[PDB]
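Heads up: numbering here begins at 1 and tracks the sequence. Reckoned from all heavy atoms, side chains included, excluding hydrogens, waters and symmetry mates. As the structure lists them, so they are numbered: ligands from 1, and atoms in each ligand from 1.
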Amino acid sequence: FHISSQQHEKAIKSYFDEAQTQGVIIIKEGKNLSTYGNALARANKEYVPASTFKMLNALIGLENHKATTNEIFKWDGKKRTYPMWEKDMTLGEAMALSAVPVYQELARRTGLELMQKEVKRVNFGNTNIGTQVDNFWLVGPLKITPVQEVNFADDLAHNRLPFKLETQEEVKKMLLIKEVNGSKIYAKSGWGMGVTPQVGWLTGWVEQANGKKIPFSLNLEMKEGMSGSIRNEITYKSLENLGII
Ligand SMILES: *C(=O)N1C[C@H](NOS(=O)(=O)O)C=C(C)[C@H]1C(N)=O
């Protein structure tokens with residue numbers, strides 16, 4: 001509270017500087033958006049959502065009865081990119097493992113026509129899914145800005161998306177990634193590997209002990225031989241530096 005704004009800005013900038021990348025973290029407090037990091041002009045640029053799209057894919061599939069939260073999506077027995085994905089799992093387990101095949105199956109069940117209408121109805125990013133129902137969030141044409149991502153998180157955190165309360169609660173349940181002091185962090189990571197440069201995301205919110213929710217979206221460039229966990233590490237250091245956790 002005695003810490004100056006200049007010092008907070010310099011500290012958060014230094015976390016991106018030390019990771020040797022370029023990025024931002026946008027923090028929302030009520031209606032006010034604060035942009036931190038070492039590349040502030042990223043805030044209104046469009047990037048593929050990559051696996052952050054699982055949040056919406058889940059809302060859509062549950063709302064439209066394409067799956068339930070208890071349903072087991074069977075592994076087809078084919079080799080996957082990660083061994084951890086070679087198993088049968090729920091949507092919730094697949095969210096935590098970020099198992100793309102499960103979410104591609106969900107997207108196929110939803111189908112292109114319904115997916116396009118639902119993405120349009122929620123006004124997510126540029127709202128364009130093109131003609132390929134199973135990869136539109138990974139390689140384009142769907143794009144979204146870091147400001148749009150944090151505003152999406154804010155909407156979900158406060159149950160303002162146009163889905164049933166229950167549907168929003170089911171998906172939020174799936175997004176708990178960390179508890180620190182009395183605070184819970186709900187978020188989804190994203191890593192656009194099929195585009196150049198690659199984009200890294202961690203979008204979510206903090207629920208504080210008192211019940212206040214502070215949405216955030218980290219957005220940065222993922223570089224060759226960078227670990228996925230740098231997204232989490234920069235996020236947790238930034239939130240701690242600002243006294244949010
Ligand atoms: C999502 O953006 N994914 C699926 C998987 N997990 O991504 S995550 O690290 O953001 O949670 C791995 C990917 C590289 C990526 C993808 N494009 O398939």
> Quick check: what drug is at ligand 1?
Replying inline: durlobactam (bound form)
> For durlobactam (bound form) in this structure, which bound macromolecule has the most atom pairs within 4.5 Å, going by the PDB entry?
Replying inline: Beta-lactamase
> With atoms numbered from 1 as shown, which atoms in durlobactam (bound form) lie under 4.0 angstrom from a non-hydrogen atom of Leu138?
Replying inline: 17 (N)
>> Within durlobactam (bound form), which atoms have a heavy atom of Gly190 less than 4.0 Å away?
In response: 2 (O), 10 (O)
>> Suppose we measure from atom 15 (C) of durlobactam (bound form) to each protein heavy atom; which comes out shortest, and what is that distance?
In response: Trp191 O, 3.2 Å
> Can you tell me the protein heavy atom closest to atom 12 (C) of durlobactam (bound form) and the distance?
Replying inline: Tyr82 OH, 4.3 Å
> What source organism is recorded in the PDB entry for chain A?
Replying inline: Acinetobacter baumannii
> So is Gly228 close enough to durlobactam (bound form), meaning a heavy atom under 4.0 angstrom away?
Replying inline: no
>> Counting non-hydrogen protein atoms only, what is the nearest one to atom 9 (O) of durlobactam (bound form)? Give residue, atom name and distance.
In response: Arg231 NH2, 2.9 Å
>> Please list the nearest protein heavy atom to atom 18 (O) of durlobactam (bound form) with its residue and the distance rounded to 0.1 Å.
In response: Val100 CG2, 3.6 Å
>> If the cut-off is 4.0 Å to any non-hydrogen atom of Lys188, which atoms of durlobactam (bound form) fall inside it?
In response: 11 (O)
>> Starting from atom 4 (C) of durlobactam (bound form), what is the nearest protein heavy atom, named by residue and atom, and what distance separates them?
In response: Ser51 OG, 3.0 Å
>> For atom 5 (C) of durlobactam (bound form), what is the closest protein heavy atom, and at what distance to 0.1 Å?
In response: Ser98 O, 3.7 Å
>> Can you help me out: which residue and atom, if any, share a covalent bond with durlobactam (bound form)?
In response: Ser51 OG
> Among protein heavy atoms, which lies nearest atom 11 (O) of durlobactam (bound form), and at what distance?
Replying inline: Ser189 OG, 2.5 Å
> Who's the nearest protein heavy-atom neighbour of atom 14 (C) of durlobactam (bound form), and how far?
Replying inline: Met193 CE, 3.7 Å
> By chain and residue number, what forms the binding site of durlobactam (bound form) with heavy atoms closer than 4.0 Å?
Replying inline: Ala50, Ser51, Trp85, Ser98, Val100, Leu138, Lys188, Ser189, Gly190, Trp191, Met193, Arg231
